[PDB]
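So, a structure with carfilzomib (bound form) in it.
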Amino acid sequence: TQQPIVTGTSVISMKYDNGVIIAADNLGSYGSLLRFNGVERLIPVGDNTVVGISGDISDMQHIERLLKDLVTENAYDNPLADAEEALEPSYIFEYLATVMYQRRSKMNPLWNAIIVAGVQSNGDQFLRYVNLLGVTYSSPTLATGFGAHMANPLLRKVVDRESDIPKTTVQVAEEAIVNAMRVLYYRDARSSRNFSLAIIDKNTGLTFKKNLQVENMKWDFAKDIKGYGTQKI
Amino acid sequence: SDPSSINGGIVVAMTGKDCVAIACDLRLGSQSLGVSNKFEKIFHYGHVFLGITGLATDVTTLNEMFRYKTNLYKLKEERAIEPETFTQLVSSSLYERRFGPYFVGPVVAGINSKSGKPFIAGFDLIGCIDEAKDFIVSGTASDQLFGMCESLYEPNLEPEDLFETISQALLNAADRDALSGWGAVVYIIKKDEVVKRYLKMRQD
Amino acid sequence: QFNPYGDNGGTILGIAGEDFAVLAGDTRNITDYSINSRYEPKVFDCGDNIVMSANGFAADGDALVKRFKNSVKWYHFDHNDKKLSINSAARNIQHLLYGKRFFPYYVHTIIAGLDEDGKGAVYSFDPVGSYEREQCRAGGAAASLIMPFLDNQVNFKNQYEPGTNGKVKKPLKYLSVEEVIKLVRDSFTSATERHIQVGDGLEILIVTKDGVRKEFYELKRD
Amino acid sequence: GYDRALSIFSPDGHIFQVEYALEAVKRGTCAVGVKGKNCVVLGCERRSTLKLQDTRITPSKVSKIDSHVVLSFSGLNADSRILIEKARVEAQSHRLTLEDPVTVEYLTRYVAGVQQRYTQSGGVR
Amino acid sequence: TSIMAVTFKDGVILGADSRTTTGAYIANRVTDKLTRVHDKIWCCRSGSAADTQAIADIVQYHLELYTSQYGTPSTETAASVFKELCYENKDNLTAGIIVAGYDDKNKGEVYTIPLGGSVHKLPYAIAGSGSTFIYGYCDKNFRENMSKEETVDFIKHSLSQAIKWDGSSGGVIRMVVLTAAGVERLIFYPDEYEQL
Amino acid sequence: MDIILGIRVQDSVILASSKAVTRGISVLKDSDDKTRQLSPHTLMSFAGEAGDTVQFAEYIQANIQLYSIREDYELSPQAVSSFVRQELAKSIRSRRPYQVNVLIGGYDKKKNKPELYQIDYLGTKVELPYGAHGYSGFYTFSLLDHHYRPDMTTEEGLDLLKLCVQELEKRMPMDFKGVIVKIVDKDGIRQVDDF
Amino acid sequence: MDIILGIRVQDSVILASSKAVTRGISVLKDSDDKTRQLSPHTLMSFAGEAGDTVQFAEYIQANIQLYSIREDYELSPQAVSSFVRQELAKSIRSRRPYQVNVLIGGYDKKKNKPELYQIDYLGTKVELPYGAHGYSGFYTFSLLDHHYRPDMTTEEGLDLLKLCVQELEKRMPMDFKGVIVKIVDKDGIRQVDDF
Amino acid sequence: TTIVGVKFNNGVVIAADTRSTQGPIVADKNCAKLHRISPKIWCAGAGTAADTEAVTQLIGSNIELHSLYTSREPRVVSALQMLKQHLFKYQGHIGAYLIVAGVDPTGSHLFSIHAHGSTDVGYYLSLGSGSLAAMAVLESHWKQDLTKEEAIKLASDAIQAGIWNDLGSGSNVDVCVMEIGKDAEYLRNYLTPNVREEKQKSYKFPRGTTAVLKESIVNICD
Amino acid sequence: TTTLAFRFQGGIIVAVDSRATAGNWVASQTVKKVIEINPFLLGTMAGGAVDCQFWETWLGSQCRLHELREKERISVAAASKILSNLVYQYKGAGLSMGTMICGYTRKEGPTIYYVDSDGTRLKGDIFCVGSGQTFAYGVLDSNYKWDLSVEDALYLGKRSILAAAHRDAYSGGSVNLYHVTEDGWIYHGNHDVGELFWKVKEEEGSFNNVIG
Ligand SMILES: *[C@@](C)(CO)[C@](*)(O)[C@H](CC(C)C)NC(=O)[C@H](Cc1ccccc1)NC(=O)[C@H](CC(C)C)NC(=O)[C@H](CCc1ccccc1)NC(=O)CN1CCOCC1
Ligand SMILES: *[C@@](C)(CO)[C@](*)(O)[C@H](CC(C)C)NC(=O)[C@H](Cc1ccccc1)NC(=O)[C@H](CC(C)C)NC(=O)[C@H](CCc1ccccc1)NC(=O)CN1CCOCC1
Ligand SMILES: *[C@@](C)(CO)[C@](*)(O)[C@H](CC(C)C)NC(=O)[C@H](Cc1ccccc1)NC(=O)[C@H](CC(C)C)NC(=O)[C@H](CCc1ccccc1)NC(=O)CN1CCOCC1
Ligand SMILES: [Cl-]
Ligand SMILES: [Mg+2]
Ligand SMILES: [Mg+2]
């Protein structure tokens, strides 16, 4: 039995025609206090997988170490560690899913919501979710926390079902993700303006973008809003 | 100690072609103990029919209350109350007890004597009107009734066909609920004739 | 305080014919008032012509299916590739569930297939392992909606022969695979209308002596 | 714990420790059992090189396992006490769970099973 | 919330963020927490949105009725009416209000009224959840008899930090300037204040 | 308080009520009459919370007697039962409700019919051929379902009632010290002294 | 379980134990013997939590019988009571204690004296001329304080015991369905069949 | 519920879904959540259904009496003030969450009211369980100087977001357009994107299927 | 549940209902509440369904192991005590079981043992177990005699379950009958309450509370 202390908010993601996109802001909140601002919550595993983590940061750092150690262990007595026997997104996910469910079953969970985004060796897009309860699910768009409530509706307008994935380009997909991150900054009280974004493409590979900022924000209309009902000044 | 499921019981109402049906089970119990198999839950004030599920004392009290009010209505208005009007009266009366409510699930059914239109309506315990073209359900087997009605129901049924549909909806719903059953009554209501039928059902 | 359980919604439905059996389930996966996935299958082919679904808390559902699938694998290893009969599978599943009697799998489990006489079989389990063979069973969130409809349409309950004064019952008979699929589709569209956790898609697994076939149908997405 | 396999097979297929245990029995005082038509009688030898004995308190050769079953023996006296004790405990345990006293065959089968266990358990003779 | 009121040479300036929250959801990102109870008597609202609105509305009614009979009320009088409501109904209120006004005799005045319903007359006042993070900064930087531009910068820099650290604060920085000249509304957007 | 039974037969209503008054680990009395005559042809038995039972019974008794004097006329059992139900229905939403369950056995002189009404503390009224309150019903209802016939005589009803009391004396945990039996018919109310 | 009594007289110990086994609102049995013979001259009655009572009684019985076979000798009532007390004293600080109260009536053959021991589930032992467990004591102790004499015969003890049972049948709330009476003396243990 | 309000050039538009729930059960598939306070002041209500209806009718009644008393068309701020003071008095126990909008001699207005009595002002607002889905759309597509047709599109799109993504919302989209100098147009079932598909089978029973015990004519006449 | 079993001149009658509930939800009307342990032993089930089902089929395995080891069918006393000692180990853990072990052996004759989940074990001639036990007792006790015929005893057992099925909301479905003799148990059919109630009402003239 735990309670989360230092926390990370929404992780959002979606599939597009050649791969997957995933994003998460760089904030480590301490309750209402916006304590840490240089926190990277997207963690690449190899050149084909990115694990996005929300929830307790101490448990996130533990998971980082497990993934780091998984890469080391996979390399042992493995001449094809950088080829046919490299770590797949599906292997990494299933490992995490096993751990999450084992920990919830011992009544001592890793207090996290996790999205594993990547591209399989055969080119297939991989995007699957797992959380502190060991619950798992997959969808063309996946999001955690407030992202589930606000990002998914926006991302589902682009990719509403499986057949919409081949029709969605990386330009359109990234635009929707970046727009969603702005909406979350407007509306989530534990979000920051700064964020990271990762693209895993079956052709161009892993592109990790750091120090992005929410921009093109609408605030001008605020000047016209006076009082809370009557008041004219 | 959940007032709405101490005594048990169910009511269902349906519309058809120039007709309406309202049906109810006959059980009154005290939790596991079945007490009465004659406890009817449908009443009528003129041509307007009211079914009431939930706490049996409140079922009785509200019947007596609406008889009281519809009688005064008729004396002053010099005409029988209509289903649409009665529905509003039920809603007002229930909401009057907003923070000390009657633990009931009433269902209005009837045909407007002027327009000839079939009318049904349902309420929650504090008076929210739930109007419906097709059907209204209420009671301890409301989930079961929702499932039965949603699948079995079709629009514009003739009075004789509508009888079969509503009866099968109630019977099969009641048999999946421990606190409902022990007999059943069905009212088939046409513009100027009303038929009341008692159904044969399993007595466990 | 940490709550180890959750509700992933959805509903499942098993019907048995004369020489076949179907196990249906919607593909919607939810938590609270949010949709997690519109297509997340929870009806699985477990081998030996046994299909299985464990509906409720998905983490426990997957864990169970995973363990039973593994049980089928080891049954082959330990008993010279012998086919696991549906009755033997059912008893095995009881022990899986009851093994966690004091920290239960939060699921309604249903399996379907053929018995050793080639006839359609459906077995259903409570969360802690009590099981029963039936012609008919609905499980999950909309079970209370669908089940009475099945009593009426599959087992002809409360239906008497017209004109016999309610004395002669409507005689029991096996339904064709065409008629069963009609009842499954109507059951799920009705459940979708009146239950918020049910919708998106319907996936049916049909089991005959020839193997396991699949059928998919769209459901309302609201 | 002491683990040594003391009872083991020899080239000719004999377990010498079990066979040497029989020699201890052969050394022990003679015991005889004769069953009649409606009774059983257990006779036992007591060696007469021991005078100045106190026969009131000296352990008797025949022991009651329950009110209806008796056990005599030949061989090591100290070893017999362990078997008798176990047998007496099992007798009461049987009455407790089966609500019926042991049969003579059952009690024998138990005692025999104990003896066997000591022929292929590590660290024991 | 993060709110503050600061007296200066020509009068007083009120300042506030624009965030209203339900848990961690921002129900309103363009809220106006600076409210008029009289021509040149305003207040900053923190705590329950419903309670502070209900209080402000009653105070505005009282001061309007006061004005009809006895002419313009003092800022002290306005603070007293706020206090009376907050103190007598302390069991049923969650309201932290800063009252600020401009007399011609008394010039700029600031009164703060915390949860208990006590009254405290100060040179400047800070309040709301985000105020905790700027006690150190404001104490070190506040000076009496500042100019308009210095006071605007003081409030802007202060609320900028409060907003930066407090999750319950954000959006735009609204300000209201109270002087003999009149009433001036100011607004400052994230793109400006965030990078201070 | 605990056991109150009622059986309506062809020409009468028979009420049986336990004699025990128990408090803590002491049976304080074994001859308690848990009934009040409301009118010459109407009898009410009662069971429930201590104090409430008698206070309620006598309050109803006074009201019915007041009515009888005012109108020089006896209220029908149906009318009395409706009056009692309404009082309990008021009571349940009071500051302190009457925790009293009652049976009303009456003979309607206008209809020439016996009538038995069962009313609980919530104000839940039902007319029945046979009734019970508390745990008694869990044994007696099934027993009466089997042995009861609507055309029975008063003597047959008393034998049917003996069968109930015997079953209760066999299977009930508590010693209720037997019952006082009273009969309501066209000639009024009388007590059976040897039961 | 409920009523267990014990009376030590001149030459014997008399134990009386109620026959009722009640669960919920049903008397499941009315002929239950709440006692076990531990040895030919030692009898133990018991009352308390369902399941625990018999499980404990039989466990003690097995142990005493085991001792008797091992030593070919009967333990004194004092020795048996001390063994039982220690078991309960261990039990009370266990994960799940035996919720069982007992009376041990025995005849010491070496002393030629009857002995009655009262032991509760905590392991509280006392030797007494007369004893009781549960609510029974609240009536019987004062009654025996008055009527008991140390030099009474077995027949006088049975009449004294009848007086207790009558009082309990009068004033106890629950129907305990009479008692099984057993006598422990120099000739062993025997049951009184007509009580 | 999902409810929204959007301001435009010459007025204001409000919209709502039409699902009414009872736990996880859809009680009403087409209920009206748009309420008329006065001819040109309309209200969208979320929360406790009886409370939203009762509070909107009470204030609507008092607004009519006020209008007749003052010989003036009612103002939105009057409805706003009367609603909030009523709701505040009851300390949130009256679970009415309202979006109040309309046109009056002062102009066009858009407000929201919460159960505890707090009011908000905005150009775009959303309330109810699906408000986050709706607000996401509103935050993504809203701009200053919307036309009538653009505001209707934006409003209905925001409701749709709730319909599809929120389990608490569903069925149809109701709209009401309040433009200055014109009559308010109430567009009941403006969109119906959740029509029930044809059933696979007719469940019309053969006449005489149900077993009957008694028949009798009921007297409704005097 | 409602279950009963009573001893009489011609052996043992065992009768049970077939309903299974989850709160007020009627989950099944066709549950087998009698377990056939061997040709001479029966077990009845009431309480938690799998607790009963699991441990009573486990009991059957233990009884089989006894007759393999001892070359003799287990006694009713010993069989009941295996179950009672098992549940006693789980005492406090929350098992919910009300069972009756009924059977015949040479040394015992016809024997019935009541065994429940708090460790109570009782030999007796009549027992009714379950939520509707009191309803069954009312009819059974008032009509019971030792000298009942096999035909009358079977009917009384059936009629007692019917009585409980009717009044108890958590009993119903159908009646399963068994008769135990010196030759073993004999099944006497599944009797649906749907038809049985009306058949009994008409032929017997009882159930006058119900609208005919
Ligand atoms: C900062 C945020 C904190 O100091 C500011 O002070 C602002 C003040 C401005 C807006 C005037 N405060 C808030 O935004 C305020 C924070 C708050 C919340 C609860 C108690 C005190 C202060 N937020 C509110 O008042 C919101 C406004 C609504 C969303 C328009 N109201 C709520 O959150 C209400 C509060 C009800 C209440 C509780 C205790 C005392 C008084 C009122 N709660 C809900 O609506 C219930 N909500 C349902 C969903 O589950 C979470 C709870
Ligand atoms: C979306 C769906 C959710 O936000 C919308 O907000 C809609 C608003 C529209 C319909 C105006 N909200 C609902 O549909 C609303 C959701 C809800 C439920 C319960 C509490 C608060 C909100 N549903 C209702 O209000 C239903 C109305 C239907 C048509 C009957 N009412 C109930 O479910 C009532 C609750 C009444 C209540 C009393 C006291 C305090 C709060 C609420 N509940 C029942 O009827 C349940 N039960 C039935 C059996 O008898 C006992 C009562
Ligand atoms: C009469 C009919 C009533 O008691 C009998 O006693 C029968 C005995 C027969 C079946 C052997 N008893 C029941 O039917 C019994 C009643 C009961 C329920 C719970 C505890 C004790 C007694 N019912 C069950 O055991 C049902 C079995 C059927 C197949 C549904 N099982 C449940 O209710 C399960 C498991 C309950 C449980 C016991 C111990 C630990 C954990 C759980 N619970 C659910 O299925 C939960 N529920 C189903 C509906 O969907 C929401 C979740
Ligand atoms: Cl505000
Ligand atoms: Mg029943
Ligand atoms: Mg939806």
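Numbers restart at 1 for each chain; the letters A, B, ... are given by sequence-line order, proteins then strands. Be aware that this covers only part of the deposited structure, with contacts counted strictly within it. Both backbone and side-chain heavy atoms feed into the values below; hydrogens, waters and symmetry mates do not. Counting convention: from 1, in listed order, for ligands and their atoms alike.
The parts of the structure that belong to carfilzomib (bound form) are ligands 1, 2 and 3. The main binding partner of carfilzomib (bound form, ligand 3) here is, in the terms of the PDB entry, Proteasome subunit beta type-5.
The chains other than those of the drug that have a heavy atom under 4.0 Å from carfilzomib (bound form, ligand 3) are C, I. The closest heavy-atom contact to atom 34 (C) of carfilzomib (bound form, ligand 3), among the options I:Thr1, I:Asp168, C:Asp126, comes from C:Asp126. UniProt active site of chain I, nearest residue to carfilzomib (bound form, ligand 3) and heavy-atom distance to 1 Å: I:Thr1, 1 Å. This PDB entry labels chain C with the name Proteasome subunit beta type-6. Shown here, atom 8 (C) of carfilzomib (bound form, ligand 3) is in close reach of the protein: a heavy atom of it lies under 4.0 Å off. Scanning the protein for heavy atoms near atom 30 (C) of carfilzomib (bound form, ligand 3), the closest one is I:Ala27 CB, 3.7 Å. For the residues I:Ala20, I:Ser28, I:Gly47, the heavy atom positioned nearest atom 15 (C) of carfilzomib (bound form, ligand 3) is part of I:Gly47.
Residue and atom in covalent linkage with carfilzomib (bound form, ligand 3): I:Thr1 OG1.
If you check which protein heavy atom lies closest to atom 24 (C) of carfilzomib (bound form, ligand 3), you get I:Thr21 O, 3.7 Å. The shortest N or O to N or O distance between I:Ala49 and carfilzomib (bound form, ligand 3) is below 3.5 Å.
Here the protein heavy atom with the shortest distance to atom 29 (C) of carfilzomib (bound form, ligand 3) is C:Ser130 OG, 3.5 Å. According to UniProt's bortezomib-binding annotation of chain I, the residues with a heavy atom under 4.0 Å from carfilzomib (bound form, ligand 3) are as follows: I:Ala49.
Summary of contacts: the protein heavy atom closest to atom 46 (C) of carfilzomib (bound form, ligand 3) is C:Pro127 CG, 4.5 Å.
For the residues C:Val107, I:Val50, C:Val128, the heavy atom positioned nearest atom 41 (C) of carfilzomib (bound form, ligand 3) is part of C:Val128. Proximity of atom 19 (C) of carfilzomib (bound form, ligand 3) to the protein is not indicated, since no non-hydrogen protein atom lies closer than 4.0 angstrom. Close approach of carfilzomib (bound form, ligand 3) to I:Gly48 (heavy-atom distance below 4.0 Å) involves ligand atoms 21 (C), 22 (C), 25 (O). Ranking protein heavy atoms by distance to atom 48 (C) of carfilzomib (bound form, ligand 3), first place goes to C:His108 NE2, 3.3 Å. The residue-level binding site of carfilzomib (bound form, ligand 3) (heavy-atom cut-off 4.0 Å) is C:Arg101, C:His108, C:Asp126, C:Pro127, C:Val128, C:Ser130, I:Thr1, I:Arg19, I:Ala20, I:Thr21, I:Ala22, I:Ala27, I:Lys33, I:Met45, I:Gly47, I:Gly48, I:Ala49, I:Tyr170.
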